[PDB]
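To find a chain, count down the sequence lines: A is the first, B the second, and so on, and within it residues start at 1. We read in the header that X-ray crystallography, 3.2 Å was used to get this structure. First listed ligand is number 1; within each ligand, the first listed atom is number 1. Computed over heavy atoms, backbone and side chain alike; hydrogens, waters and symmetry mates excluded.
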Amino acid sequence: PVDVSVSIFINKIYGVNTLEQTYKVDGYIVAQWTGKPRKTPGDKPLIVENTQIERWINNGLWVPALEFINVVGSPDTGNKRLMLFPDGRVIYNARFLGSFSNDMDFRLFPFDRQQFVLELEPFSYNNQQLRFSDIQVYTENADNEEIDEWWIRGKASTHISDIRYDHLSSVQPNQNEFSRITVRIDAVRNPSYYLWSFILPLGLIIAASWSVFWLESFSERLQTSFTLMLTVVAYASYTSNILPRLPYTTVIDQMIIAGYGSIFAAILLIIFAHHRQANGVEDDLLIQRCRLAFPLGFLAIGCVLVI
Amino acid sequence: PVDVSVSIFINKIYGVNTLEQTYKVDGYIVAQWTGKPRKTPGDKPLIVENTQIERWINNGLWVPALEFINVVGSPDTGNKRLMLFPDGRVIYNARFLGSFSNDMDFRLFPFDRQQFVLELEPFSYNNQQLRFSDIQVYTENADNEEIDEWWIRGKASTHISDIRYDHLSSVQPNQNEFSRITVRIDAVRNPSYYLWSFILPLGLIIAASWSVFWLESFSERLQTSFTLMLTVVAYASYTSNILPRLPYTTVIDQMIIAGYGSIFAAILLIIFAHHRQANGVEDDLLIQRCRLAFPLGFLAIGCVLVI
Amino acid sequence: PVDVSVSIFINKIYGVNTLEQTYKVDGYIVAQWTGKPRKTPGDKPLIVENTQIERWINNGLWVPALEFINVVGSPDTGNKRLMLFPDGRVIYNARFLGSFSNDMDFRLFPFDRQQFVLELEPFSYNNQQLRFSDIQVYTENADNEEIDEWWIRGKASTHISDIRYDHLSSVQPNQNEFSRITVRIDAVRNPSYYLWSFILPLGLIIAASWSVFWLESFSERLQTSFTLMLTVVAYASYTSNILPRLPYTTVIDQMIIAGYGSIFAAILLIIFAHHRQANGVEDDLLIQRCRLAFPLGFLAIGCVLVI
Amino acid sequence: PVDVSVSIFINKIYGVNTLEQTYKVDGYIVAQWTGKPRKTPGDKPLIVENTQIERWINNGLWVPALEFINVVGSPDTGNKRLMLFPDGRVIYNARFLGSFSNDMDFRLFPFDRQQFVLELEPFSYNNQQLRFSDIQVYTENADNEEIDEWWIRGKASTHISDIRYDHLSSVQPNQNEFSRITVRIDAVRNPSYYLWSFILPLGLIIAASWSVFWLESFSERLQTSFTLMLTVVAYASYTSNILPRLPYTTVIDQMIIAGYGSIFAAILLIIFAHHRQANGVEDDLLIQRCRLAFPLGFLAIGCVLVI
Amino acid sequence: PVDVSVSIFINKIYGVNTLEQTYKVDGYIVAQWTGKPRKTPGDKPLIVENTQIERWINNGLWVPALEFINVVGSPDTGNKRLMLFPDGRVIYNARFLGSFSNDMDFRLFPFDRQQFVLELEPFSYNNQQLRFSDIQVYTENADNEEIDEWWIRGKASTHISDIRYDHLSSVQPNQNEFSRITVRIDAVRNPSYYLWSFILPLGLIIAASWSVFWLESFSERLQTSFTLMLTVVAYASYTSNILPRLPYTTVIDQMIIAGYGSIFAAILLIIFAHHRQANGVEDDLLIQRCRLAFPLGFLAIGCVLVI
Ligand SMILES: C[C@]12C[C@@H]3C[C@](C)(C1)C[C@@](N)(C3)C2
Ligand SMILES: C[C@]12C[C@@H]3C[C@](C)(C1)C[C@@](N)(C3)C2
Ligand SMILES: C[C@]12C[C@@H]3C[C@](C)(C1)C[C@@](N)(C3)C2
Ligand SMILES: C[C@]12C[C@@H]3C[C@](C)(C1)C[C@@](N)(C3)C2
Ligand SMILES: C[C@]12C[C@@H]3C[C@](C)(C1)C[C@@](N)(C3)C2
Ligand SMILES: C[C@]12C[C@@H]3C[C@](C)(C1)C[C@@](N)(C3)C2
């Protein structure tokens, strides 16, 4: 079984697509293995770039296809190169930009943790033909973090394995296991942008909603919460157009719902305060002073939803 | 008449385009048939990957083209492999990402059931030349529905059938029946996002809109439903920028129509109250107390849409 | 002059681009013509799919280029096939997805009728070298209009003709008339979404706008109309995001202008009623009670605009 | 010095990209010149389409690359044809779709004049090797401007010229002047949509804004002007959502500023009228009667911008 | 150790993607080196364009791969040309369009400085095989700045340097230093559009927001701030849709934040004015008349944040 040692050089992980559960990786693949010795010009190793690799492949050089298992679509490949050594060994070297796929839970956006994954597995040779001897991953990364959207935690965690397929070809003995390289990079979303620009004003809006109770008349109280209502809606629209599209609510969505809830609840209180009476216009001296009651009741429920 | 057995491996179904009635599928086709026996190197099956498959084809390897009927555009193809066994049999193996077309009725959005379909048919060989002998489809599926946009339901439907074409070339005898593979994968929409961030708050606005009748004055009543009206427009737009583009109204779209509708009737009821009089400002104590009438009048007419 | 019979199978018409005056057609071209007898294996017709076709051309098979005249950019091609008959004939068979160009008037959107057109014409052989003997077009059609954006109406129209070019090569006598196929498909827009979701509420807004004259006070009357004005802009904004970019107004675009007018009209009337006085509030004791005047005076300007 | 005559057929100029200063051109290029005499089948001119052209090149057919200087990216090419006449002459014919670049000032949008440009210059041969002998451009354009985004005006400006490059090899004699073909086609924007749906309603907003002064009270005067303000903003968003992206202001932009300009001046005045006093409520009965004063001042400042 | 001279001709820098930290460059690479003498037709240099360059490479011509280290995806290449001189020297010539990557801090948008960078480094040859001898960059730009999005300011920076890779393949002796060309171009953003259309009206919004204190009553003061609140929100959304998506805040973002705060600050000030009393309605003469106070209190907090 030919031992292929692999190297991934990750140049950029960027472009996350939340709806698609997809992220873009720019980098190099390096694959190395040893064949039967060759005679090269001089006796210094031989270089074969791009186009000529196919010419070499035609006259019979084994360059096994290594497919990116979790790539969506087939990757943009840049220069390719062969280094042929006389002692037999072969080095395949190529640049790639691919859009990769992984399960991505975004429900605690903008406080989500994600993991970028690469899965590599030979397209046609099983573990008895081609086996992954090792893999190094160079994440040429560090520092300058707050300008950066995602905070990389690790330094590329790795797992080589054997994948067994129960449903394949006309194959019986044990030729149904392929070797797989799985590369993981752990990350955390930098939530500041959402804290200052989405969370904060959404809060100031919700906060001032409560100031409806500092209004003198009932006509004033009831008529204003309609504006307040229009404002939360105005805010949702501002929000939605900019934030990632998901098939679920985020923490920010729920704050909006809660704002809708708060204002619609005050509507009930404002209306109820008025018509529950011992005459007709008995505004409950005590209930009308829930100006401090349910800002902190919202503050209590604010903590209860987080548990 | 050659028996061709096929396997589809579905990796990801994603990117539904509502306006286009379209969705993306990543996966593998495996097609197999038996030829006249070959003398292969050693005696184990010969592997041929990508660039070299053409070379075998140029020298007369029969590799029949199996086209994806309902593909829009020509699919992105990944690695291809030919495996030539010595006893005659040949297996074609390839990866694809393609956009497939199928009738997609989105009218009960966000509660639609959709069906992702793949249709397979030889491009040049009819059922007397090439026949589909059987087909399994593996949906490497499980888990995390709650994380996903669509929830797949069945295990996948399969049907081999024979399609007869009545109008073609100058060929008649019986070369007009092609053998067809049809794959069906059932799905349901994840409704929850739309329930909580569209339906519910649109629902609160509708109700709180009705609180306009709890206003004491006539002037307050009428002037206020104009803000209520402006709110629904603002809401409608929020919805519009976010929801899928269609050529018909969805259940949400209708909720907005009703919202506009409730508000406009309220204008009428409120004006009717005022100027229908025995003085000038005799607001029908009873009709202004339709504070209970058309809130539950809306629920009756809302439940009439269920037939 | 080689007689070529053509067949187009129209699979999908989708992707209208109103700014570009463009649409997408998925389908197959079939071209048939007769050369000199060939020897085919057995004596049964010979099949040549995709890759092998070019190779036949290298050995001199005449496969003439038939160009899509009105295609924007060059079409995505699927599988190509040649059926070479021993009796002399050749049949060319191809799938295409193309972005096609045609004049499209959108002024009565969402009630426009459009016609999707294909224009076929040889790239290198004139009508005395190659002539279109005929052309039939199959629109595999039926059902589900209510599901679709466009309603195909006809069954497809035809035109075989001669296009005369006055300025060409160093050759003058008659290498200037090429034969052209024109395929025409009629369509109507499914107007229902824009009917219920844009027209109706836009109407209810305009309608309820007129209820300004039912307000007792002048402040009520003049200030309320400012809200109305804001509502129409909000409505304008709501719309624009969804409507197609055109360089002219549509029907909806006019209802909007009509609205701004009706509102701007009342601002003036409300100011006029009040400040044309012999005191300060000498409202033309009746004019303010034009609650029927320019609502139905507006309706009059509406039917005349349909001239 | 090979005389090459060039002919361009322009089919569609479309898809202007304002941020990029880019527009699309679909059409055919035709280049003609005479080489040394050839023996053709019979003695009738020989046609060489697509694939077969390369074959002719590999055997030494001189086919010079003529590059589109101002093309962004490389053009989409459709069919190509070589016509080889026996007397020596060669005719190259190919269809193209390209994104072309030219300086585009959009500041008087929507009343801008633009010029679509093509620049053709050999990639490898200087004016002493390959010279452009003449060039005609056919603009198969006409009719129906009212339907189209752009109004093509002229019949196309043409200039064959000599371009001198100062920095190349160790060459002294004269190898540094390349011959260039330049096509100019003038156009004007169809302003109608923006006139009717951007300028007119905008003016009415501005106009109806000045009616803030016909309000009786001060509250009304100040409080309403905030409503007016929100309106200008709402209008601004609707506009931006739709208007082309630029790095400078357009006429419309300036209008929006003016709307903001009108309102903020009005607020100042309304407060000034109120508190500039000899009492407390000496509202300047006259300055609050600047109801026609700064409508003609906005009109004066509007017409002065042309000076 | 082969000396390579390089030239970059920058035709266009355009299409910055703020989220991707990406920009587009159109231009030509010219690489020159000296090989072993050739016999060319006559003795004048031989020109070899496009398709034919591979053919020369197939026969063993060394045309080394020079990679753009920082390009995202593989560049679109136009014409390629090989110039083979008889004295030995070889000149490679090509047009390119690529999307390049580089670090871009966008935080003081729209007054940011950015730098468009090109990085070139041989794909397979280290500094002992292939060395960069010198490099020029020509930016055929000038004039018309006030029309363009970025104002290129300096000329262009160049640095030939040696990159040492400590961890590669299994090669150690000295094969780990590659020579790298680095091109730097400084640019500043055209701030004008944002100053006039975004900053300016926002100032007018914020300022006129403070005139809420010139209102006589408490109701006028409190309720009107809710209108002010809705206005700033509307301004935010209008802005959002238009400004470049970043994962962190800009100057304008903060202005919006500030604007929100200003409004929320005043709600508190206004309510406090009402309820901090020695009667019930002691509206604090200074705090009610803080009409000069936090208009200039906002200017104090505004300038220190600039420091
Ligand atoms: C057995 C195989 C066949 C092809 C599809 C699968 C999914 C399964 C991956 C693989 N590497 C290639 C191995
Ligand atoms: C007869 C055929 C020829 C080509 C077009 C059609 C539609 C009809 C499908 C097919 N599989 C391929 C079979
Ligand atoms: C002669 C031709 C040459 C090329 C351009 C024209 C417009 C005229 C169309 C055509 N099919 C191709 C035939
Ligand atoms: C001389 C040349 C060489 C190459 C680069 C330049 C810029 C200058 C354009 C050209 N067409 C191709 C001609
Ligand atoms: C307040 C709003 C209400 C709705 C219409 C306006 C025009 C004004 C734009 C907006 N995005 C949504 C915000
Ligand atoms: C040594 C190398 C090998 C390949 C990948 C790296 C990242 C490292 C860049 C390089 N130019 C090409 C040089």
Ligand 1: main contacting chain per UniProt: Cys-loop ligand-gated ion channel
Specify the drug or drug candidate at ligand 1. memantine
Help me out: which other chains have heavy atoms closer than 4.0 Å to memantine (ligand 1)? A, B
Check whether the model has a covalent bond from memantine (ligand 1) to a chain and give the residue and atom. none
At a heavy-atom distance under 4.0 Å, which transmembrane segments of chain A (UniProt, N terminus first) touch memantine (ligand 1)? none
Any idea which other ligands or ions come under 4.0 Å from memantine (ligand 1)? none
Listed by chain and number, which residues of other chains have a heavy atom closer than 4.0 Å to any atom of memantine (ligand 1)? A/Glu121, A/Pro122, A/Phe123, A/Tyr165, A/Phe178, B/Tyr28, B/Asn93
